[PDB]
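Notes on a structure featuring colchicine.
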Amino acid sequence: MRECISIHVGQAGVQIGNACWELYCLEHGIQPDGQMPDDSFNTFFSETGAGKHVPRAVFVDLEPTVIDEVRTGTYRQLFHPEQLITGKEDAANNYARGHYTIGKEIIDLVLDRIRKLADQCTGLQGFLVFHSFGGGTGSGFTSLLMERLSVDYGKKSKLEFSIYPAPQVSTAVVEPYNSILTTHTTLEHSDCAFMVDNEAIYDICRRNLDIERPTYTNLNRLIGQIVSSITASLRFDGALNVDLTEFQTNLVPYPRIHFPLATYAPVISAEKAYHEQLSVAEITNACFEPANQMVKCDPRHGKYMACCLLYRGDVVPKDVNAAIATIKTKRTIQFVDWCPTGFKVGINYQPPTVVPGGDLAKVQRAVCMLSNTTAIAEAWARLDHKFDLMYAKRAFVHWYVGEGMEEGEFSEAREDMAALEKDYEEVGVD
Amino acid sequence: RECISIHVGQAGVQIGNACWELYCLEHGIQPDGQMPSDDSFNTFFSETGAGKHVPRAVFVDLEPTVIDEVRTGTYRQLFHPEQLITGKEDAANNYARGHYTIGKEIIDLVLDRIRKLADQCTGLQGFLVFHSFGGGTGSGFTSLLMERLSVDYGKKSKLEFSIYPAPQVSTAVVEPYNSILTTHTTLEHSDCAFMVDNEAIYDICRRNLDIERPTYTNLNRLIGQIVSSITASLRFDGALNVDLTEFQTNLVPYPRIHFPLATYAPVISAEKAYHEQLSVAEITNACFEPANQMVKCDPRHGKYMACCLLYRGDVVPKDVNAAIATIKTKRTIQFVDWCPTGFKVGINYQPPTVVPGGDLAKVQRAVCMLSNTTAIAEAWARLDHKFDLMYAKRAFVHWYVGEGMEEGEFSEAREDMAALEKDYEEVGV
Amino acid sequence: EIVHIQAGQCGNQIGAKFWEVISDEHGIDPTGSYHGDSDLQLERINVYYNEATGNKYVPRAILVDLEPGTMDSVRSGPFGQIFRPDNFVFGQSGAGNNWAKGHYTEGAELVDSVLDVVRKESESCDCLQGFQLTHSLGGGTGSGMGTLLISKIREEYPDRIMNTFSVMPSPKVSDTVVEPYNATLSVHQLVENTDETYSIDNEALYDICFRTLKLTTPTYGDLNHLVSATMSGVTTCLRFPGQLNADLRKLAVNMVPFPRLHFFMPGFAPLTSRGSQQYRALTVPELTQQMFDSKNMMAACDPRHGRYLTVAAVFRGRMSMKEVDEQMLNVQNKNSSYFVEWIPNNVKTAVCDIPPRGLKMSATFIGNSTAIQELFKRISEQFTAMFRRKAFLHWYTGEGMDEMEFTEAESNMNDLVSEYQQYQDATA
Amino acid sequence: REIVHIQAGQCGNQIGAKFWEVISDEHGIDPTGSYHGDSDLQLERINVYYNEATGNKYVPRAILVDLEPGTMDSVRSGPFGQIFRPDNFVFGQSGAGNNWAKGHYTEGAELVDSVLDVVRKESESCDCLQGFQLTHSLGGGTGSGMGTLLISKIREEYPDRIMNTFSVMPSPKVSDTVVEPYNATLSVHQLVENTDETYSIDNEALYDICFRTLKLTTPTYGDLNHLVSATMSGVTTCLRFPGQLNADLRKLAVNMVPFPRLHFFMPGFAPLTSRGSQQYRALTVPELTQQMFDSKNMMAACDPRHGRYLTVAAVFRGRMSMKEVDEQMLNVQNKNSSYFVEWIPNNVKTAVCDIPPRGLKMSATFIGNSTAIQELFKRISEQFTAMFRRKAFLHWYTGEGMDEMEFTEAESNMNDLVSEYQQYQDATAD
Amino acid sequence: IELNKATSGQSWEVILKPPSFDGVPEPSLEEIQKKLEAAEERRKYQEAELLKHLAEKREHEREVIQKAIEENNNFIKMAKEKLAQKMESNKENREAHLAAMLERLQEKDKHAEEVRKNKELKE
Ligand SMILES: CC[C@H](C)[C@@H]([C@@H](CC(=O)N1CCC[C@H]1[C@H](OC)[C@@H](C)C(=O)N[C@@H](Cc1ccccc1)c1nccs1)OC)N(C)C(=O)[C@@H](NC(=O)C(C)(C)N)C(C)C
Ligand SMILES: Nc1nc2c(ncn2[C@@H]2O[C@H](COP(=O)(O)OP(=O)(O)OP(=O)(O)O)[C@@H](O)[C@H]2O)c(=O)[nH]1
Ligand SMILES: Nc1nc2c(ncn2[C@@H]2O[C@H](COP(=O)(O)OP(=O)(O)OP(=O)(O)O)[C@@H](O)[C@H]2O)c(=O)[nH]1
Ligand SMILES: COc1cc2c(c(OC)c1OC)-c1ccc(OC)c(=O)cc1[C@@H](NC(C)=O)CC2
Ligand SMILES: Nc1nc2c(ncn2[C@@H]2O[C@H](COP(=O)(O)OP(=O)(O)O)[C@@H](O)[C@H]2O)c(=O)[nH]1
Ligand SMILES: Nc1nc2c(ncn2[C@@H]2O[C@H](COP(=O)(O)OP(=O)(O)O)[C@@H](O)[C@H]2O)c(=O)[nH]1
Ligand SMILES: [Mg+2]
Ligand SMILES: [Mg+2]
């Protein structure tokens, strides 16, 4: 019941999935074989007549490598071979290859496997899509998939966990194109999207975890802690709180304004000695500092249309209120005059579980702050500029066109992006 | 000679519970129907082949509750199951509900009990109708029935016993609506009507009976004395008010001004040391003091049209006439031109019976007093205004229209009550 | 006889307390059996409980929820073992704080399933008065289905009476933005489909807990304690034998002078804290003026901003009827400006010798004051705040709805406020 | 997945055979084709260039082609020589006479079909053929003529696959074969349309490197070839060796090629060593970064400072500090900023391989898309226009049934590429 | 002055002042039922009108839950039909690009033939 099927597309998608999935296993005492010694986790895990618990997930990729690393992996037994779908040729950083040329060949088989995972759902809430904005599979295939589930599952909830490209964290010259094309094609099909700016994750490892050159493992594990916090409200059931979808209602005032900004706290290096531990208000304040944001933007300058706090570990309302009050006095948190000034609060019981032999330290209490600020539109604007720069000259556009696409698609996608920027301008008016 | 006593709704049923309680005591009937070793008491009792004397009474109410409290009590045996008619749900303080709604449903069944009660008469004198004024049952149903009794058993008399509502005594906000609507409907059908102001009774249980917040029982113990003191001559072998038709003659000259005001003396408590029991003049002078009145009005300011003094027990005529002489000596007390200034005295020698183990104590002498004074209009005006305040802004009316009745019938009722008020103006000159 | 329907998180929680509060007053142990002292308790037991011989006393209640959660809480609850299993009518897809989901799409699927239950529960009554609904107006189940239920019931038993315990939302208590939409849409349906409506404002319950009860961090348990207190106090005349001897329809006839104006301001004195501490008796005036003061009202309206059309006031325990009557007439003679003059003796007082649990003297108040328009304006303002910009509206239009339906709800409610401001200005 | 390699003519086979020598040694392959290396990583991507034959032997996916038996026999009798399958040696006897038209049209077309017979056969043995790789001189008969004939004929059969070439640019500094400009001009046209990416290997640069830097008075082909082999292992490193990518010929093309016709790359190496000369001591990280961007280190005789870089790719080899690598890489494009297009955001990508080349503890390979390359073509066009003006050595060509108009066409085609190169050089962001 | 004398009773008139003025003054079942039945109609008609309003409100719900369904079987129809053209246009496009590049290569294969032919002509 209240079922939730996860989908991991491309290199970024799959590797984040693995980070998520090992952590999930830890949170619910699940061993890499599947066996385990709150029935609520079943929303994510199917169970067999043998007692093995299998994730309600699908790993897709247009090339073998990444998925094969799972197949020969430490969790080779955690999934069905059926639920790990690979191609033979990647989308070579081309949305038009992911969406058309190459992905067309895999789509039907994928949807077919998603349907088999669906048939085991007494009452499916929806889908969680993990992809890259940059990769040809993370961009093109994802859009194709979202488009097809909107036909297949209709108005069923579709969530995103997208990875906003950053120069510091790999990236390729053509990613701004792939980034814009996906957002556009996906817009209609998405109920709500969690944008993750790789630079932020980079900057957090670099500053809080003290990692001169962070590994994808260091990034991905960090990301997982934020994601598991967003999904705690589904894999766990507490009297205390834990209640997504209700957040979704506050966060989304209008269909297209569905991208919250996540600010997680605390990120502590597993070498920060004496520490142990922090107060509720310390972590509550941490949320308002930009140096904790998942996406690099400036909400001090924009306006708010929602604010949600997702507490976990050892949190009591007494001091949440106290904290929330001290904040609400300060005038930098300016909301629009069309929505209330309250912050929607949810509290978990299960303390943040940390990865054995990890980079992060064990915390008595962690928080994730989801909010609808007009300032996220800065990420769009950033991406758009790089798009405009190249497109102005049609640099690399031949690759798309050669794969079947039309110049028109870029303009269509770009106008959409521009309208989305206007939508955020319009919405922040009082 | 015979008499059917009808008890309509919660009030009339409870009051009628007390009256038959007192008649059984006076005549010597046991709560089982039997009696031990003047005869005219039969004008209220029918005998069965098994020597029991069943009260010629029909108790109706739209809720079971009240009547079950009879068909459980020691007087269960008294009456047959047919005479105690009960419905599933009461008129919810709505006259329109009592008359049009729950009315139509029960009418015939009630009339049939009366028919089979009537099919046992050598000649029916009339009926004695007991009810409230402000109750949805004790107003809507009664008025509907009074309309039918006039058609089915036409020409026969009607003696209304109505309880005038009072704040101090469990009154409801819609009571004045019900109260006038009933009076408008029960007008052309009543031959004589005796109002019982709940305030007046309440006061008398206080000042004279030493009970601060009196119970219904207490209030009813007093009501029954007066009601029994009215029916004194009917149940016994008296001369004044021997028949129901006597009241119309003795008190009612103008047909619509049929509301005599009653006065009882003495009002005595048991929880107090013994003393010299009151003389005739002691209890006679007490018959003109407003403190002992059945209803709340100033008879000192209002022209009279009749007067009757109904004595019970250890009374002597010379001791009565001596007291009539004394009243005209100091007071003059006004009367209408077209009416002779004088009383109609009647003495019933049967002792004043009091409920054994009650608030009312043993007395050898007692006198009730029937008098029709223009001052009774002062009781109507109190109600007419209450109605006029609410109707002015149509408050609660929706409930009455909702039960079928027209808004046309509210103005119609008040318009008629405004004519009755001017009738005391035409007479009280 | 009375049938009890409870809808949603709030509705069931509120209801479950009223059911456990009254069971103590009636000697019904959580295993459905009479263990009370006096037969005075069983005298009017048939109003709320049925016999399963037994003796076994089963509450005449229907448990309704579009998701399981709350039902299971009660199932696992303290008094829970009391309800008929056959009376837990739930769904699996939770309406999720959407009036549209509860009233339209979701609830419609579960509606007939519930109604069939109420059909059954009504066959077992000699003569039913009407129905009793406990629900909130901010969520989906209680807000939407609760209204929908009322409407389908109205359609099945026109003649029967409609009583509601509607918990009004606030921006203080709860943070679900959509709340004014749900509330306004529910209110619109109550104005037309119920006969008596007890307006419990969360804004008020929080302020009472916070300020008066000194409760630093109030919980739902705390808010609900005050609701349960009142819910028993307002039903004192239905389940307890006194000189009244009245019911649900007589109460309606007497309280409601105009059909639409039927929303009552609940009020309790003394305002007891949870568990702690009792001690020291109340003087009659202390109990009376407290009750007539605004800091004792479960609705967030100042009664000094309106005029009382009608007032109902039950006093419990052993007290001088004189002293109480003396205090009522004193209060009316003092604050005559705020009582409609064109309705004589419009303040009614009741008494009951058996006092409530823990407090040996209490007084419940029910006012039908024009001031209640303040609660509606408060809601209509919040509605229009979001509504002018058409914010969050998508969640409803997705459920098959029209903007027209929002316009109407506010318009019908704005008309209600204009209706209260006629008699608010009127004299004699 | 796999790469099929074609070496053509004297130079094609000469450079090809050394490439095959270089990379075999790098992969633990001995001349008999057996493996005896110490790292698993050598075999990890072995499947790209080698067919895993019977008896646990590895044999290149290479086709050797010439219209003369000459070089073909030297290779066969070469150090490794035996290693190649003898069926793949597609050789003629006629000669191509350093005449493009003999190659592309006459003597060459007679052998072309026999070549494709072998190419089809090697394409069959592929789990997933990536594309083709051609080594050839643009100044000979077989290399220039029949090499571009094969391009056109492969391109027809495998349009979907990548076409990558190592083309060697003629210089008077090396060959007194008067007609060389003609052959070079005709090939460049064929290349501009038929390949996806070409590494322009200028013999002018090569001679100059050995001469001015390496101080070789009379440098030999052996001396120039060593630089070509150095360069090749460099460019092919990410394809052969496992790293942090993923590792495709297409992904490189999509990123490195902004406009179709503009796919001529300027390679550059550092350190520059003399053939068979034992290394002194290793270069420091900055030394590598500096040298790599020096005109003095460029494999094509053009000044990168006389133009603007559309795209750059740099491969660092050996066990060096990447923080140091990244520090330097930014510094370079932060001072020299004015030599990189503002309209291609983030146009310099960097890869690191811990596996250093033979005898080098530390190397760096540069791959740039510089408008500067127009200098290479200008030089060729100049020399062409000179002779063409005169209608010099033209009967050697018209004798193969060719047209003078074919030349005038080719001339303009060369010129248009320079006009196109200069267009984007000059082009601004605004 | 006297009235009458009885058993356990009696009576007598008492005149104290005489009357100033000597002179004194200065229903059907059908129609009750016609009136009763008349009000019953009125109660039955308002009930009927209230029933009509609920029936229209019931119909309303039917229509709204209907729109919600129709809104979905339009969303799915669009998303699908949008997809059909998008996949098809790309198909035609990519294939035409591929068909053109082969014509061009075959076109240059034409040139080759006439060159070999021009070598023969020269001979
Ligand atoms: C303003 C309203 C608000 C939501 C409220 C209550 C809610 C509550 O008490 N809640 C919400 C879950 C349930 C409940 C409580 O926490 C377990 C328990 C004691 C309770 O009353 N639970 C029961 C009832 C009960 C009674 C008696 C004993 C045990 C239980 C319920 N079950 C289900 C529904 S109510 O938290 C203190 N509150 C002040 C808050 O501080 C909340 N914050 C907010 O609302 C702000 C900051 C304004 N946005 C939040 C941080 C918790
Ligand atoms: N956070 C994070 N970012 C990643 C990861 N892998 C790739 N990226 C980012 O995603 C982009 C590259 O997209 P890919 O997912 O690698 O590409 P893909 O086409 O979907 O997959 P492949 O074709 O297999 O390479 C760049 O913006 C990278 O910074 C990862 O595991 N974690
Ligand atoms: N004196 C007296 N008055 C009564 C009694 N019962 C009710 N009343 C009064 O009658 C009026 C209300 O009438 P009810 O008879 O109670 O109401 P009903 O509609 O006729 O009957 P129900 O609906 O069954 O309660 C009020 O003024 C009451 O004070 C009683 O026993 N004695
Ligand atoms: C079922 O419970 C009750 C029922 C009623 C009343 C009431 O308040 C005292 C109740 O307690 C809550 C009632 C109410 C209001 C009145 O006037 C506003 C009135 O005149 C009269 C009344 C009640 N009548 C009397 C005389 O108390 C009848 C209806
Ligand atoms: N007083 C009170 N309000 C509650 C309670 N539980 C929830 N609420 C209120 O209910 C509203 C939302 O409705 P809810 O009952 O949760 O949802 P439903 O299941 O859709 O009816 C909000 O305004 C909450 O403040 C409770 O036990 N007591
Ligand atoms: N660097 C290098 N250039 C060569 C080699 N052989 C020939 N060349 C160059 O290639 C051109 C002649 O091409 P060649 O391969 O001899 O002709 P083909 O065999 O008929 O294609 C001249 O410009 C020479 O400089 C070689 O082994 N290395
Ligand atoms: Mg890709
Ligand atoms: Mg009644």
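In what follows, chains carry the letters A, B, and so on, assigned in the order in which the sequence lines appear, proteins first and then strands, with residues in each chain numbered from 1. FYI, side chains are in, hydrogens and waters are out, and symmetry mates aren't considered; it's all heavy atoms of this structure. Atoms within a ligand are numbered from 1 in the order they appear, just like the ligands themselves.
Counting repeats, the structure shows colchicine at ligand 4. The chief contact partner of colchicine in this model is named by the PDB entry as Tubulin beta chain.
Other chains with one or more heavy atoms under 4.0 Å from any atom of colchicine: B, C. The name recorded in the entry for chain B is Tubulin alpha chain. Source organism (PDB entry) for chain C: Ovis aries.
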